[PDB]
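The chain is numbered in sequence order, starting from 1. Remember, it's 1-based here, ligands and their atoms both numbered in the order they're listed. Determined by X-ray crystallography, 2.0 Å, according to the entry header. The analysis underlying the following values was restricted to heavy atoms, covering all of them including side chains, and did not include hydrogens, waters or symmetry mates.
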Amino acid sequence: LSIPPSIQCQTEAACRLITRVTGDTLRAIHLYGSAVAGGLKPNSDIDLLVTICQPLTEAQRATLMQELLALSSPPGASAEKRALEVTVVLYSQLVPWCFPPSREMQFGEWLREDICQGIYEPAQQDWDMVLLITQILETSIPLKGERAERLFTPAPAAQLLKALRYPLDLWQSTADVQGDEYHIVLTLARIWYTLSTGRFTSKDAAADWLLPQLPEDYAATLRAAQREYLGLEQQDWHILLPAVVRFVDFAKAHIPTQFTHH
Ligand SMILES: CN[C@@H]1[C@H](O[C@H]2[C@H](O[C@H]3[C@H](O)[C@@H](O)[C@H](NC(=N)N)[C@@H](O)[C@@H]3NC(=N)N)O[C@@H](C)[C@]2(O)C=O)O[C@@H](CO)[C@H](O)[C@H]1O
Ligand SMILES: Nc1ncnc2c1ncn2[C@@H]1O[C@H](COP(=O)(O)OP(=O)(O)OP(=O)(O)O)[C@@H](O)[C@H]1O
Ligand SMILES: [Cl-]
Ligand SMILES: [Mg+2]
Ligand SMILES: [Mg+2]
């Protein structure tokens, strides 16, 4: 797998920073997500997983958070300077697996306001870490350390199922989805795709896979979500919000409850 030339400079800067702060504790840095698996759009972020051996000191946490702010920009602000998402995890949480796994920290542009004031999310449980590692074992590039298949072990299918279906419970009310309308719709398409095929695919490809299988009313909602993500039309998602809720409820009712495996 290859790093897109148009992100190499920023990725190299992020790696030099991570190396400085972590240093002796650093086990690996893996690039994953659309930059590697495909689907890198103008607003897409650069997804990075940092594996360390010991927890981050609050000095390391503060420094890494602050200095990442200078290497990252909000999505869409710049074609050259993309949004960074850096997730840090203890190796001991993955080998052997701890369920749910915990993450030491997660930098992201949606936290810029808080990070600009010394407010850092602490370590916490995150079922999504099961999905991250699973996707990394399939499609990732080691910027530092060993390839993923030599560092991590796959999770049991039983736990991958729980991680895939866990977000379905977070989305129940209008406010649970308000603000992330098309992101949630496309993510549901990816969850549906993975549970039915055992594979991971891009947001765009998951929507195309799902559209023919939906009643037209729900296909229209998925189409509007896909259309916005691709930059072809911005919708008024306050108007579409009742239809988004109906789409979420349809997915929760129809997504498989067991693998049709990875
Ligand atoms: C970790 N990736 C970022 C994060 O994504 C999250 C995103 O999570 C969002 C929930 O759906 C939404 O209901 C939730 N909204 C509520 N009313 N509770 C958001 O707060 C939540 N975002 C968050 N905690 N950062 O949906 C999940 C499927 C996700 O992709 C997990 O990995 O947050 C998204 C923005 O919310 C960013 O666009 C992503 O880059
Ligand atoms: N079935 C799934 N397939 C892929 N990702 C999933 C799935 N279910 C949940 N997710 C989560 O959704 C998030 C997607 O991250 P992200 O928004 O960076 O997507 P991406 O593929 O990098 O596309 P983009 O170019 O928009 O960044 C991840 O945190 C991932 O764990
Ligand atoms: Cl329904
Ligand atoms: Mg991404
Ligand atoms: Mg991301």
> Mind telling me what drug shows up at ligand 1?
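That would be streptomycin.
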> What is the name, according to UniProt, of the chain making the most contacts with streptomycin?
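By most contacts, it's Aminoglycoside (3'') (9) adenylyltransferase.
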> Quick one: look at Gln178 and streptomycin, take heavy-atom pairs under 4.0 Å, and tell me if it's side chain, backbone, both or neither.
neither
> Among the UniProt-annotated ATP-binding residues of chain A, which come within 4.0 Å of streptomycin by any heavy atom?
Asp128
> For atom 23 (C) of streptomycin, grab the closest protein heavy atom and report residue, atom and distance to one decimal in Å.
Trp110 NE1, 4.6 Å
> Return a yes/no value: protein heavy atom under 4.0 Å from atom 25 (N) of streptomycin?
yes
> Is there a protein heavy atom at a distance of less than 4.0 Å from atom 38 (O) of streptomycin?
no
> Which residues overlap between UniProt's Mg(2+)-binding set for chain A and those with a heavy atom under 4.0 Å from streptomycin?
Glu85
> Help me out: which other ligands and ions are under 4.0 Å from streptomycin?
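Those are ligand 2 (adenosine-5'-triphosphate), ligand 5 (magnesium ion).
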> List streptomycin atoms under 4.0 Å from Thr187, heavy atoms only on the residue side.
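That gives atoms 28 (C) of streptomycin.
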> Okay, which residue that UniProt calls active site in chain A is closest to streptomycin? And the heavy-atom distance, rounded to 1 Å, please.
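By heavy-atom distance, the closest UniProt active-site residue is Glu85, 3 Å.
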> Going by the closest heavy atom to atom 22 (N) of streptomycin, which one wins out of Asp128, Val248, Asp180?
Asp180
> Which residue owns the protein heavy atom closest to atom 5 (O) of streptomycin, what's the atom, and how far is it?
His183 NE2, 3.8 Å
> I want to confirm something. Looking only at heavy atoms, which of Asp176, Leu186, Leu131 is nearest to atom 15 (N) of streptomycin?
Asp176
> For atom 11 (O) of streptomycin, find the nearest protein heavy atom and state the residue, atom name and distance (0.1 Å precision).
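Answer, as residue, atom name and distance: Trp171 NE1, 2.9 Å.
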> Please write down residue, atom name and distance for the protein heavy atom closest to atom 1 (C) of streptomycin.
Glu85 OE2, 3.1 Å
> Write down the organism the PDB entry assigns to chain A.
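The deposit names Salmonella enterica subsp. enterica serovar Typhimurium str. LT2.
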> Look at atom 17 (N) of streptomycin and say whether a protein heavy atom is found at less than 4.0 angstrom from it.
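Yes.
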> If the contact criterion is a heavy-atom separation under 4.0 Å, does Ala175 count as touching streptomycin?
yes
> Scan the protein's non-hydrogen atoms and note whether one is under 4.0 Å from atom 20 (O) of streptomycin.
no
> Could you walk me through which residues contact streptomycin, taking a 4.0 Å heavy-atom cut-off?
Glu85, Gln106, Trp110, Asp128, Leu170, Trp171, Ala175, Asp176, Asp180, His183, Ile184, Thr187
